[PDB]
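The following structure holds inobrodib.
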Amino acid sequence: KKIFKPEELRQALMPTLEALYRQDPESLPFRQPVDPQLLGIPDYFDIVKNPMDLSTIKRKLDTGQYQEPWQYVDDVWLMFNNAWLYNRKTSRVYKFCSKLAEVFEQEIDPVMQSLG
Ligand SMILES: CO[C@H]1CC[C@H](n2c([C@@H]3CCCC(=O)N3c3ccc(F)c(F)c3)nc3cc(-c4c(C)noc4C)ccc32)CC1
């Protein structure tokens, strides 16, 4: 039973977020919030109720909004889940999402090792 102290957590989690950002081009569609007006997809917020993206995860990590690892993981998962939900499996964005989820599953493992 491990309970992370706040700044040990930020230092534990930030490398996993940097690993997502470092995927180029795969992280590019995820670096800023989806703007349905600019992209001419007005149904986006009908399907994606709770948007999430790397810039929002970064800001939340930087402002102590993740008190335990599972809250951070939840938001990362949410940004993947939204992208798989909204996009077709053949699309670049969908395949890029899968690449990032693959990276995340490797990079989050040491933190998970510490918890269990
Ligand atoms: C850096 O400026 C950005 C790059 C990605 C651009 N983009 C693009 C542009 C549109 C024009 C065609 C194209 O190839 N884009 C693009 C550009 C860079 C990419 F890495 C990429 F995978 C796709 N499509 C986006 C889709 C999404 C998306 C997500 C995430 N979930 O549901 C949807 C819909 C998000 C961003 C998309 C928008 C401007």
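Sequence positions for chain A are given in the PDB entry numbering; the residues included correspond to 1082-1197, in order. The figures that follow rest on heavy atoms only: side chains count, while hydrogens, waters and symmetry mates do not. Just follow the structure's listing: the first ligand is 1, and inside any ligand the first atom is 1.
In this structure the chain with most contacts to inobrodib (ligand 1) is the one the PDB entry names CREB-binding protein. Lab note: binding site of inobrodib (ligand 1), heavy atoms under 4.0 Å, is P1106, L1109, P1110, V1115, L1120, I1122, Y1125, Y1167, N1168, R1173, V1174, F1177. Looking at atom 34 (C) of inobrodib (ligand 1), its nearest protein heavy atom turns out to be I1122 CD1, 3.5 Å.
Per the entry, the species of origin for chain A is Homo sapiens.
In terms of polar-atom proximity, defined here as any N/O pair under 3.5 Å, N1168 does make such a contact with inobrodib (ligand 1).
Annotation: atom 17 (C) of inobrodib (ligand 1) to nearest protein heavy atom, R1173 NH2, 3.9 Å. In terms of protein heavy-atom proximity, atom 4 (C) of inobrodib (ligand 1) is closest to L1109 O, 4.3 Å.
With hydrogens left out, the protein atom closest to atom 26 (C) of inobrodib (ligand 1) is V1174 CG2, 3.7 Å, a heavy atom.
Short version: no covalent link from inobrodib (ligand 1) to a chain. For inobrodib (ligand 1), the main contacting UniProt domain of chain A is Bromo.
In terms of protein heavy-atom proximity, atom 5 (C) of inobrodib (ligand 1) is nearest to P1110 CA, 4.0 Å. Ranking the protein heavy atoms by distance from atom 8 (C) of inobrodib (ligand 1) puts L1120 CD2, 4.2 Å first.
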